[PDB]
*Asks:* 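Here you can see prednisolone bound to anti-cortisol (17) Fab (heavy chain).
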Amino acid sequence: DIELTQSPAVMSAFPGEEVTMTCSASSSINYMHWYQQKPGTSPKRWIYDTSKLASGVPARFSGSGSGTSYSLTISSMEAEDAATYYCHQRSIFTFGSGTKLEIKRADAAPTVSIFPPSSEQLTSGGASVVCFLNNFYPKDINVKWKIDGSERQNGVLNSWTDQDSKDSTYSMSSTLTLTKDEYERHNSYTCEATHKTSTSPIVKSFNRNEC
Amino acid sequence: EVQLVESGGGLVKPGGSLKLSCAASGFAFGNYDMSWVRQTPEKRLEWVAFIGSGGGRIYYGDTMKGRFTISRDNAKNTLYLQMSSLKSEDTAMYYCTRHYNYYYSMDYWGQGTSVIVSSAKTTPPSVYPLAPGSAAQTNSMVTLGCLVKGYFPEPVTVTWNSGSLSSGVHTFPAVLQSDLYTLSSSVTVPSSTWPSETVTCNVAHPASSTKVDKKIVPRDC
Ligand SMILES: C[C@]12C=CC(=O)C=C1CC[C@@H]1[C@@H]2[C@@H](O)C[C@@]2(C)[C@H]1CC[C@]2(O)C(=O)CO
């Protein structure tokens, strides 16, 4: 069969830059289509028949290519252009895996806060310690948990938001889930964020034996 | 004008069956070839089935293996997909689409209907208030939260003060934990306003018909 690969998987750019992404076919085909998708909504026809713009698509966009190689190009990119773009063609079962275009902005350190397990959760026999890292840039950030002075790595789950549609920052939660008995065996809980904005981490902590 | 509106998706045990429908409006439905496209949890898009305008020409995607049947009723402006012997790998959002010309771009898409194939059962969430407690903050702002734990299937919808606190809110994508979903939501308000002004998270889980409010109250230390 014929299969599609897209490059790059993820890219980011400031508004005003030129953007190019590529779609490659394992064997020659023609009349490539491109679909735009944003979080929570359906794919949308964007370019079709290799180079025709769909209705509502600005002339900053163009498609081109032939044979085994195709591309979508954006001049003077705008914030609303941020999306995942997928290629597809009439003899292809699986769409290309998509290029996710993200918005570059000024670096920002996270606002960090930590929360002890609630008494209601303890009553049921679980204990989640929740740490929020809000409104930071870029997306790459490292979170480290220390329990009574020693690094802890099991039972941590992290979840990032999509890039924020108004200020282009990212937020993320880091949650340490323990049993109530495991939580009750230790006292000092620390959440540390290490981000490229500073060589020294941002630290929030609490002692279980307070409050 | 043109509308494509899917339905019939839901939770189904492995080996089970389901029928999806797509209601069409605003165009001469019988002049157009139609398709089903699905998007997997990994965001991968797969062409499932295609039907010609007359219903006499049909194609299926590679991994379907005869378990899918596309059909249409041009009199009722409805497209169908019958799915049987369902597998874990059939979990996806299923989209109704319309074709433009004979290079087969898809010029209109429906809103999608979600199909989830597993043995897990519908389960309501536990909701817990996140007050600073022994981690009390000291800025001009304070951040509070709600922990939503142990529900199935997705989604839940989280609001703060019935939607009147909308800025300063981050609701994080849910993750599987012991094969049930968990998420947290944070809200940030001026520290002069809490606790003098109440802050409450509103959690709705439609699949279980559950709705709960958790007031964020300072902990009794
Ligand atoms: C254009 C096409 C071929 C000729 C035709 O009269 C109508 C179509 C539309 C459906 C396309 C089909 C083939 O190309 C094979 C496809 C891609 C099928 C959709 C699934 C498909 O059966 C497949 O995925 C095979 O790999």
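By convention in this document, chain letters (A, B, ...) are assigned in the order of the sequence lines, proteins followed by strands, and residues within each chain are numbered from 1. Counting starts at 1 for both ligands and their atoms, in listed order. Side chains are part of it too, since the values below use all heavy atoms of this structure and drop only hydrogens, waters and symmetry mates.
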*Asks:* Heavy atoms under 4.0 Å from prednisolone (ligand 1): which other chains do they belong to?
*Replies:* A, B
*Asks:* What residues contact prednisolone (ligand 1) if the heavy-atom distance limit is 4.0 Å?
*Replies:* A/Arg90, A/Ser91, A/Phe93, B/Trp47, B/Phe50, B/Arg57, B/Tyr59, B/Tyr60, B/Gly61, B/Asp62, B/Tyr104
*Asks:* Atom 12 (C) of prednisolone (ligand 1): which protein heavy atom is closest, and how many Å away?
*Replies:* B/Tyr59 CD2, 3.7 Å
*Asks:* Any idea which protein heavy atom is nearest atom 26 (O) of prednisolone (ligand 1), and the distance to it?
*Replies:* B/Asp62 OD1, 2.9 Å
*Asks:* Look up the name given to chain A in the PDB entry.
*Replies:* anti-cortisol (17) Fab (light chain)
*Asks:* Hey, is prednisolone (ligand 1) close enough to B/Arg57 that some N/O pair sits below 3.5 Å?
*Replies:* yes
*Asks:* Of the protein's non-hydrogen atoms, which lies at the shortest distance from atom 2 (C) of prednisolone (ligand 1), and what is that distance?
*Replies:* A/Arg90 O, 4.1 Å
*Asks:* Among all protein heavy atoms, pick out the one at the shortest distance from atom 24 (O) of prednisolone (ligand 1); state its residue, atom name and that distance to 0.1 Å.
*Replies:* A/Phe93 CB, 3.3 Å
*Asks:* At a 4.0 Å threshold, what atoms of prednisolone (ligand 1) neighbour a non-hydrogen atom of B/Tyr60?
*Replies:* 20 (C), 21 (C), 22 (O), 23 (C)
*Asks:* Mind checking the PDB entry for the source organism of chain B?
*Replies:* Mus musculus
*Asks:* Can you produce the list of protein nitrogen or oxygen atoms under 3.5 Å from a nitrogen or oxygen of prednisolone (ligand 1), alongside each distance?
*Replies:*
| unit_1 | atom_1 | unit_2 | atom_2 | d |
| --- | --- | --- | --- | --- |
| prednisolone (ligand 1) | 6 (O) | B/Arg57 | NH1 | 3.3 |
| prednisolone (ligand 1) | 6 (O) | B/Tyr59 | OH | 3.4 |
| prednisolone (ligand 1) | 14 (O) | A/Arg90 | O | 2.9 |
| prednisolone (ligand 1) | 22 (O) | B/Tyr60 | O | 2.9 |
| prednisolone (ligand 1) | 26 (O) | B/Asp62 | OD1 | 2.9 |

